[PDB]
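The residue numbers of chain A are those assigned by the PDB entry, with the residues present covering 40-435, 439-617 sequentially. Heavy-atom basis, side chains included; hydrogens, waters and symmetry copies ignored. Structure determined by X-ray crystallography, 2.3 Å. Counting starts at 1 for both ligands and their atoms, in listed order.
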Amino acid sequence: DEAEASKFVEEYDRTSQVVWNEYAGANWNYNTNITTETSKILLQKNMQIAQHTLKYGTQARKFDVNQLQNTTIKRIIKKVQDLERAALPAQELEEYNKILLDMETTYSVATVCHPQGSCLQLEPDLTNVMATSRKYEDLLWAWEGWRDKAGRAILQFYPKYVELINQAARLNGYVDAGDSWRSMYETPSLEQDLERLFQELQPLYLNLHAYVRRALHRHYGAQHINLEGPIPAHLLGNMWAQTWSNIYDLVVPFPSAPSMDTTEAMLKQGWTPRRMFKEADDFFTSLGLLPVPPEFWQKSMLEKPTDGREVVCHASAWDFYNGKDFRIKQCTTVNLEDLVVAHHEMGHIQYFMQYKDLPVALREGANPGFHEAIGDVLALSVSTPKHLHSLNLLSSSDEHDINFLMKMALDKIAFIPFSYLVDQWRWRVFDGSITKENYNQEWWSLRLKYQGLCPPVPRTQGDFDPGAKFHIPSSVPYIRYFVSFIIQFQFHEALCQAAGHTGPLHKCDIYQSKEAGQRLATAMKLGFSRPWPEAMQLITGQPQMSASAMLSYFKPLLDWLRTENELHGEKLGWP
Ligand SMILES: *[C@@H]1O[C@H](CO[C@@H]2O[C@@H](C)[C@@H](O)[C@@H](O)[C@@H]2O)[C@@H](O[C@@H]2O[C@H](CO)[C@@H](O[C@@H]3O[C@H](CO[C@H]4O[C@H](CO)[C@@H](O)[C@H](O[C@H]5O[C@H](CO)[C@@H](O)[C@H](O)[C@@H]5O)[C@@H]4O)[C@@H](O)[C@H](O[C@H]4O[C@H](CO)[C@@H](O)[C@H](O)[C@@H]4O)[C@@H]3O)[C@H](O)[C@H]2NC(C)=O)[C@H](O)[C@H]1NC(C)=O
Ligand SMILES: C[C@H](N[C@@H](CCc1ccccc1)C(=O)O)C(=O)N1[C@H](C(=O)O)C[C@H]2CCCC[C@@H]21
Ligand SMILES: *[C@@H]1O[C@H](CO)[C@@H](O)[C@H](O)[C@H]1NC(C)=O
Ligand SMILES: [Cl-]
Ligand SMILES: [Cl-]
Ligand SMILES: [Zn+2]
């Protein structure tokens, strides 16, 4: 009966608002006031949402989705039959919940200490070391010590997590948890499509990699850099070598052309986290998109508090499932990286607002990549010389131009293979290809194959380097960021063209383009109501993911790199 399916999705939606609101409320109260009291309330709300998932999921499974006419009710009910972890029996779910809590807490309290002196946390202490030290050994101490204290301590938990997370997946009809995750894209050709895309970025990444490799050989010496080999994983300015912009100063194409201290200028000019978020809000409203509601300004946590309260710092954006209350929680630092991350979180928020009228089961991005790309699009524009000049964090030529593209490459191209490899790895863990006997070996095999990195210190039994990246102990899928990095350029190219921009794509700045706002709004309003190629068509006028836009943005940089690498006889890649 068509009418019994309408009634059920109606009830599911009313009761999910209540129960999902209560839980997000409590997970926030925890996340911005870690107590044991806020841990008790969080744990009680877990149960309550499991018990709601089970009730509604068991009812949804009694429907034959084959016999159901209405496509919206059909899609809603098929998602509700997926209970996730709530599929697990009582004991196993208790244990699943506790392992995730344990994993994340171990990552969060891990420090690295010097004998007789100070213990450094990841944020900001070790991050600063990796960003500003130019001494092999000091980079190594932080790189190895972070792996030693965070990675190794996670390993004890990881086999039981894989077993429970695959058990939930199988009870929802998937083969393993990697299957489940990939199913969010609704794209059977996903693994092929993804690989094609990564293969089109290889000329840019190999050329950038070779050139940076030569620059590290200049600074750190011939005995430490093989000009025909992988780069050591601790010399790229970042704990995971996922972005390389902190070594902009070793790799400047045109040192002759001086570029400003964005960070010194922000401090110098009395930039606060609040001003940083107000700039993002303004950019969105320049586009004709939506302003954050007053409530967001009052309830958000835009900076680390100083009232004693302890908090989880990792930047995240929060939907409270009532169409009114949205929040960012970020221990914002006053600089450029964090201004871009503020944009990224603000794009999460914009999406929440745009799709607040859909039923909650459709309150998600058209795919996870879409969710991650929105803010980055606005930020490509923010980061232009023309725009930074107008915030008065830059002054202002071809030299300046290649310099800008290099800065961008180090944040965008560099991240391409890293974002690809995380879930390459996890997918093989979940499918049983990789066992705990070779978690670590297979990590490094992929670090080599995709990124062209090696570990400065030979790894040993008990090492578990993936546990040293947040997203692994916290069980947050990562392929979304690879997708985002591709599609964000596609979105920029389209909005730029909507906005009437002529000439090279990288000089485009879309500030105040109502046309660009429109293209994005109508896609974001769709939520998860339709298969994603529809949202792509809306934005870009075609329905494929495509590296064309990215290659085109960096084309001047590719030309330069190729002439430069050729001039030095670089041998691209690494046997
Ligand atoms: C298959 O069924 C689809 C789903 O039907 C809906 O779901 C089931 C479970 C039952 O509840 C149904 O009775 C219900 O219709 C169906 O698709 C729907 O089609 C209608 C058009 O026929 C679309 O309606 C539009 O919705 C806009 C905004 O939606 C929300 O905001 C309203 C603002 O006042 C509000 O009243 C309401 O609020 C709450 O609802 C959701 C629950 O779904 C809840 O989660 C959330 O919290 C909301 O607050 C509403 O949902 C309207 O603004 C829009 O008006 C436009 O038209 C006006 C009149 O011409 C114009 O003046 C104006 O300019 C607008 O352009 C209109 O009412 C509905 O969005 C759509 N549902 C979805 C989610 O896709 C579909 O038709 C069926 N398929 C077939 C082939 O029959
Ligand atoms: C800061 C950002 N934080 C994530 C949110 C992570 C999270 C998910 C679920 C529960 C708790 C935390 C996000 O906003 O997607 C992040 O981790 N990253 C990822 C990372 O920093 O490794 C990759 C980044 C691409 C550019 C924007 C920031 C992306
Ligand atoms: C933090 O700790 C406890 C836990 O609920 C509570 O009594 C206190 O008011 C909380 N403070 C906040 C939210 O600032
Ligand atoms: Cl690593
Ligand atoms: Cl994903
Ligand atoms: Zn994000």
Asks: Could you check which drug is at ligand 2 for me?
Replies: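 Found there: trandolaprilat.
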Asks: Identify the macromolecule bound to trandolaprilat (ligand 2) in this structure with the most contacts, using its name in UniProt.
Replies: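 Most contacts go to Angiotensin-converting enzyme, soluble form.
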Asks: When you measure from atom 25 (C) of trandolaprilat (ligand 2) to every protein heavy atom, which one gives the shortest distance, and what is it?
Replies: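 The closest one turns out to be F527 CE1, 3.9 Å.
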Asks: Would you say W279 touches trandolaprilat (ligand 2), if touching means a heavy atom closer than 4.0 Å?
Replies: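 Under 4.0 Å: no for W279.
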Asks: Is there a covalent bond from trandolaprilat (ligand 2) in this model? If yes, I'd love the residue and atom.
Replies: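 Here, no covalent bond links trandolaprilat (ligand 2) to a chain.
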Asks: Evaluating non-hydrogen atoms only, which member of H353, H387, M278 is closest to atom 6 (C) of trandolaprilat (ligand 2)?
Replies: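 Among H353, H387, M278, the closest heavy atom to atom 6 (C) of trandolaprilat (ligand 2) comes from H353.
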Asks: I'd love to know which UniProt domain in chain A has the most residues in contact with trandolaprilat (ligand 2).
Replies: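 Per UniProt, it's Peptidase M2 2.
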Asks: Looking only at protein heavy atoms, which one is nearest to atom 27 (C) of trandolaprilat (ligand 2), and what is the separation?
Replies: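 Answer for atom 27 (C) of trandolaprilat (ligand 2): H383 ND1, 3.6 Å.
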Asks: Among protein heavy atoms, which lies nearest atom 14 (O) of trandolaprilat (ligand 2), and at what distance?
Replies: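 Checking every protein heavy atom, the shortest distance to atom 14 (O) of trandolaprilat (ligand 2) gives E384 OE2, 2.8 Å.
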Asks: Tell me the protein heavy atom at minimum distance from atom 5 (C) of trandolaprilat (ligand 2), and give that distance in Å.
Replies: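 Nearest protein contact, heavy atoms only, for atom 5 (C) of trandolaprilat (ligand 2) is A354 O, 3.5 Å.
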Asks: Considering only protein heavy atoms, which is closest to atom 29 (C) of trandolaprilat (ligand 2), and at what distance to one decimal place?
Replies: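 Here the closest protein heavy atom is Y523 CE2, 3.8 Å.
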Asks: Tell me the protein heavy atom at minimum distance from atom 10 (C) of trandolaprilat (ligand 2), and give that distance in Å.
Replies: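 For atom 10 (C) of trandolaprilat (ligand 2), the nearest protein heavy atom is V518 CG2, 4.2 Å.
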Asks: Please state which protein non-hydrogen atom is closest to atom 23 (C) of trandolaprilat (ligand 2) and give its distance, to 0.1 Å?
Replies: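 For this ligand atom, the closest protein heavy atom is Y520 OH, 3.3 Å.
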Asks: Can you report which non-hydrogen protein atom sits closest to atom 11 (C) of trandolaprilat (ligand 2), along with the distance?
Replies: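 Protein heavy atom at minimum distance: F512 CZ, 4.3 Å.
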Asks: Using heavy-atom distances, let me know which of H513, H410, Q281, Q530 sits nearest atom 16 (C) of trandolaprilat (ligand 2).
Replies: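 Closest candidate by heavy-atom distance is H513.
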Asks: Which other ions or ligands have atoms closer than 4.0 Å to any atom of trandolaprilat (ligand 2)?
Replies: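 Answer: ligand 6 (zinc ion).
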Asks: Extract every residue of other chains having a heavy atom under 4.0 Å from trandolaprilat (ligand 2).
Replies: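 Within 4.0 Å (heavy atoms), the residues are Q281, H353, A354, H383, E384, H387, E411, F457, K511, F512, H513, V518, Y520, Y523, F527.
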